[PDB]
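Chain letters: A, B, ..., in sequence-line order. Shown for chain A, in order and in the PDB entry numbering: 26-281, 286-497. Throughout, chain B uses the PDB entry numbering, with the displayed residues spanning 26-281, 286-497 in order. The basis for the numbers below is simple: all heavy atoms, side chains too, and nothing from hydrogens, waters or symmetry mates. All ligand and atom numbering here is 1-based and tracks the order in the structure.
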2 protein chains.
Amino acid sequence: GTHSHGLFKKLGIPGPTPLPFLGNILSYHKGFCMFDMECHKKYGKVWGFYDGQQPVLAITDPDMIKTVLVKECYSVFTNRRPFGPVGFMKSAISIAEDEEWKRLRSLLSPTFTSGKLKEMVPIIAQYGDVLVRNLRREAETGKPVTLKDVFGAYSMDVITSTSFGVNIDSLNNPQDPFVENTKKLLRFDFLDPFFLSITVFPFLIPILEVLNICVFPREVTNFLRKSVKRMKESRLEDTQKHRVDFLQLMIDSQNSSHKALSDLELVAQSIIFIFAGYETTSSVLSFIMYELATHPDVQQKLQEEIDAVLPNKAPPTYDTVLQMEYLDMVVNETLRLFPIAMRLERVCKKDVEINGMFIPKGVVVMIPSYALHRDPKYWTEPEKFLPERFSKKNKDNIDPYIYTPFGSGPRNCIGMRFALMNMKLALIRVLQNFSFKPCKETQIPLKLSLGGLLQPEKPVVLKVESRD
Amino acid sequence: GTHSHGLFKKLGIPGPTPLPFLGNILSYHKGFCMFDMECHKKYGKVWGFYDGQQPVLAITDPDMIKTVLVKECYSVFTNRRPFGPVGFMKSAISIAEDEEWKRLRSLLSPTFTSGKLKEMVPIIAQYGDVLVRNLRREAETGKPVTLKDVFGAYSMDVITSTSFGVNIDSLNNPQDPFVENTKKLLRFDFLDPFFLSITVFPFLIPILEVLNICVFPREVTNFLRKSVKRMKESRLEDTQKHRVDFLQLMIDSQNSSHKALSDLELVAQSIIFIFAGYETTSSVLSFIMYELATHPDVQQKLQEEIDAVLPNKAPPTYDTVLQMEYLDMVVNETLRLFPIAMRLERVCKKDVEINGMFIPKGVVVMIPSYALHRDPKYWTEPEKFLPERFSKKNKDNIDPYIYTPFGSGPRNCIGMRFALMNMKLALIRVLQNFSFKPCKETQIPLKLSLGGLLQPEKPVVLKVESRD
Ligand code: HEM
Ligand code: HEM
Ligand SMILES: Cn1c(=O)c2c(ncn2C)n(C)c1=O
Ligand SMILES: Cn1c(=O)c2c(ncn2C)n(C)c1=O
Ligand SMILES: Cn1c(=O)c2c(ncn2C)n(C)c1=O
Ligand SMILES: Cn1c(=O)c2c(ncn2C)n(C)c1=O
Ligand SMILES: Cn1c(=O)c2c(ncn2C)n(C)c1=O
Ligand SMILES: Cn1c(=O)c2c(ncn2C)n(C)c1=O
Ligand SMILES: Cn1c(=O)c2c(ncn2C)n(C)c1=O
Ligand SMILES: Cn1c(=O)c2c(ncn2C)n(C)c1=O
Ligand SMILES: Cn1c(=O)c2c(ncn2C)n(C)c1=O
Ligand SMILES: Cn1c(=O)c2c(ncn2C)n(C)c1=O
Ligand SMILES: Cn1c(=O)c2c(ncn2C)n(C)c1=O
Ligand SMILES: Cn1c(=O)c2c(ncn2C)n(C)c1=O
């Protein structure tokens, strides 16, 4: 069982000594972030470890990161770490490899332009108003408020309407078929027993694929495949009600070099957009409101900036959202402290030599975002929430390969601008109406989960008083 | 279990209807050759079938075959069908894929030039003399002679001396450690229960690789890895006795673009050369002596040609072997009737469109050599042994993509000239001394095995009388 455990020694690369069969997974007992921080302060700029038999090489040099993420992306570092069983979701752009990905990224790029986003802003803002009416019902009743519930329902409303044109107040329709299914698309905890078992027994993945066992649950995928079918037909009939959702943008793409999106590929992308945006958006928004509640000074200044740009609670628009600097600064600093990706990864497909370091075929090159976002070498007082880092005066010292909450290069986050616009639109409408103060039962300082997802240990609960 | 069984229907390609899970493997009850002949006369120029879930596309068009074997070899049809578990023998040139193969083929090409073969001919001829002394011991005693025994011992003697410099009369040293180990390298019967099981459960191959279970038996591979080690050291010490074996040619290659052969790669090639030459050479030589014994006219003419070129039983040399035309004609016609490969195969690595036919990614493109060698469209009276086909007058009508006993293109047989020279050298020395006549217990007509290897059903036994 000590087959490949000798790689990093032959190359002279340091790291924690692995155990037979297990590799270094027992060190994940405090999550990915704490393991990366510990390895960083312990072994320096580069180190190696083993997820079972799989070797992983961590890199922290911003010149080296640029070579992996940008310069040699097509040639060597094109794909992410394999995982499964994935079934047909192999066709999702985030999972596809080599030429299949390059084609899918080429097909989906016009869907995420600033023009299509501009046409989605009125839809997103509608549920910012819905978010305020539900927040006010929990504010006129003096009761502590679980953020991820009210931000989860907001993210759900934005997803259903901007990806399928389905318009629901999901907080008050918890058993609409579209809401209960979409709510089941929970992010993967790679440290739970099932995924840790697969990590230790990767040879069992082909056995699960032949039995049609899938990490994306069949019941939800079957419901969306048929729902897309019914919408693709009905949209052909009533063809006067113009739509501006991802489904409609992808339906149109099939009406043109590359092959057009197949009907199954189209479903795969629609599903992966939900996974990408649903718990991510609500998690970040909760992190933001925590930092705003623990720093009343920052919250007031943002509320003053919003009222200067949008007097009299004027509705946020596309151009006015991008106008607010302190809002962008608050969002960025919160993502520095809580980069929910935790890591960026690329599989080394060829025996390569970059920046003087030899990297052999099969190694997973990893960029530890959570650690680099808190590295004293680039951030003074990294544990403190200080949005002034991202002011126009100081944003020249921020290295774009140390700060990668959306990745970088050709395979970065394709929904970055959408996610930023979505979160800011929510933040503006919420702060125009409310202020957020800690409870007695608020966890200060916030503690992170020991699991495989960057989320609070306990839910963030805050008191919400109206600005009336 | 009927997952991929719908491919050839969507493409409109005919073939036998597959069963769930099994595919079409139950049709292998008469071997590969009879299944290919039956499918050819039944479905035409192109057909498809399933080895379990694996789709296989058979092609018979010589223009299409050239595109697969030659024109699009590097781009699309580079590798052979995956099989396992293979362990470290993944590094053998016949098993390696993509850039690994292209490098290994580049490293091994100078080893198989006509110059290195010219320097090996004296060694090979030595055991042609040994073959005659052992044949005569079985001829002065009137007793029927099993060909594959006396040709197996000859092929063994040629292999040990031309690949390792180990010089043994293996027929009379059956328990030299080098002889009993090398004799265990038996060709793979892909129709025996184990390989048929792997075909039906290909998802179990990763489970066997993690347990170091290997189709190349460990005991023999361990013996040769250490034997090569001891020879690589001892050859460095006594460095005046010049050697002309494959091991010495590959030892020298490590003393130079590409990376040099590693010590493990070098062992992998040495092993695969034995698999390639051991039972193949003795099988063909047996087939040749059968056709010569069933056609006394052809045998006398060849004996007269040999005596005209080499009067007084003169020893065959490099230039005199290539001089004999009827010898080349006899060898070729026997390989037409018995192309021990049976099939050539290439995996389709990309969605391609060649000669008007669309071929999708993952399909195994197969060229049925045994069937094309007996196709009435190109061979008049194909079931009859008629060496005049390969005379200089008639060799203009022979299509090099219908007649492929050594394959074709960049990935053809690299030891073709060696194998032809080895077999002819044996044939000359044998026919200079003996004549071969059928027994009562000789199977006339010869019947083929129902297994996965092109070999006689019963051993070819012939009477051997001396030409004294
Ligand atoms: C706060 C919200 C989000 C964050 C922090 C985030 C972050 C990230 C990160 C770090 C990556 C990997 C980048 C890399 O490997 O270099 C990624 C990939 C991706 N994201 Fe986002 N994301 C968010 C929301 C979204 C949304 C709303 C979408 C909507 C479509 C989306 C679509 C994608 C896709 C498709 C990929 C894979 C791109 C590819 O493989 O080519 N993400 N995201
Ligand atoms: C009567 C004897 C032999 C016959 C009929 C024969 C036939 C063949 C055939 C049909 C192929 C596949 C060609 C293709 O896929 O297009 C092949 C491949 C090969 N043969 Fe031979 N062979 C013989 C003996 C030998 C010998 C003595 C060697 C000694 C080294 C050898 C070395 C190889 C190798 C290395 C390959 C794989 C080439 C590659 O994958 O690049 N063979 N042979
Ligand atoms: C720890 N880990 C990951 O973090 C991971 C993964 N596949 C994708 N990711 C992100 N696998 C298999 C894994 O073991
Ligand atoms: C955390 N995580 C992953 O790490 C992941 C994923 N899909 C693929 N991967 C690798 N999803 C949906 C996810 O939530
Ligand atoms: C616990 N668990 C999972 O977490 C899981 C799964 N299939 C996919 N996932 C993610 N199965 C079968 C499972 O038992
Ligand atoms: C948590 N979980 C899953 O997430 C899961 C599953 N089977 C499939 N999936 C996706 N099982 C049994 C499960 O317990
Ligand atoms: C880190 N990460 C990814 O790696 C990712 C993604 N969507 C697709 N991928 C691959 N999202 C939302 C994400 O946060
Ligand atoms: C939240 N999230 C995702 O949603 C995700 C992912 N990889 C793929 N996806 C979709 N990773 C690493 C992730 O953290
Ligand atoms: C029938 N068959 C072959 O003929 C074969 C093979 N791998 C190589 N060959 C030649 N496999 C897996 C196979 O099933
Ligand atoms: C018949 N046969 C094969 O079909 C084969 C092989 N090695 C690999 N393959 C595919 N050997 C040694 C073999 O004898
Ligand atoms: C019958 N048989 C084989 O034929 C075989 C094998 N491993 C490799 N081969 C070829 N095992 C384990 C086996 O039982
Ligand atoms: C015939 N055979 C093999 O050829 C073999 C094996 N184990 C490994 N090999 C290669 N066993 C058990 C076996 O019966
Ligand atoms: C058909 N065939 C092959 O396919 C082959 C081989 N040696 C290597 N390969 C791949 N030999 C001797 C062979 O006869
Ligand atoms: C005899 N033989 C081999 O020796 C061989 C092979 N494929 C690889 N090898 C080595 N095939 C198909 C084969 O028939």
Notebook entry, point to check: Which macromolecule here is the main partner of ligand 14 by heavy-atom contacts, as listed in UniProt?
Noted result: Cytochrome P450 3A4
Notebook entry, point to check: Which of acetazolamide, caffeine, fosfomycin, zoledronic acid is the drug or drug candidate present at ligand 14?
Noted result: caffeine
Item checked: Heavy-atom neighbours of caffeine (ligand 14), other chains, cut-off 4.0 Å -> B
Notebook entry, point to check: Any protein heavy atom sitting closer than 4.0 Å to atom 4 (O) of caffeine (ligand 14)?
Noted result: yes
Margin query: Considering non-hydrogen atoms of the protein only, which is the closest contact for atom 10 (C) of caffeine (ligand 14), and what is the distance?
Written below: B:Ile301 CD1, 4.0 Å
Item checked: Flag: protein heavy atom within less than 4.0 Å of atom 1 (C) of caffeine (ligand 14) -> yes
Note to self: Hey, quick one: what organism does the entry say chain B comes from?
What the structure shows: Homo sapiens
Next item on the list: Write down the residue and atom holding a covalent tether to caffeine (ligand 14), else none.
Entry: none
Notebook entry, point to check: Among all protein non-hydrogen atoms, which one is nearest to atom 14 (O) of caffeine (ligand 14), and what is the separation to 0.1 Å?
Noted result: B:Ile369 O, 3.8 Å
Notebook entry, point to check: If you count the atoms of caffeine (ligand 14) from 1 in the order shown, which ones are under 4.0 Å from a heavy atom of B:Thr309?
Noted result: 1 (C)
Check: Numbering the atoms of caffeine (ligand 14) from 1, which are under 4.0 Å from a heavy atom of B:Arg212?
Finding: 1 (C)
Next item on the list: Could you find the nearest protein heavy atom to atom 12 (C) of caffeine (ligand 14) and give me its residue, atom name and distance?
Entry: B:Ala370 O, 4.5 Å
Notebook entry, point to check: Using a non-hydrogen cut-off of 4.0 Å, what is the binding site of caffeine (ligand 14)?
Noted result: B:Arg212, B:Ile301, B:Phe304, B:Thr309, B:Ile369
Check: every caffeine (ligand 14) N/O to protein N/O pair under 3.5 Å:
from	atom 1	to	atom 2	distance (Å)
caffeine (ligand 14)	4 (O)	B:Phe304	O	3.3

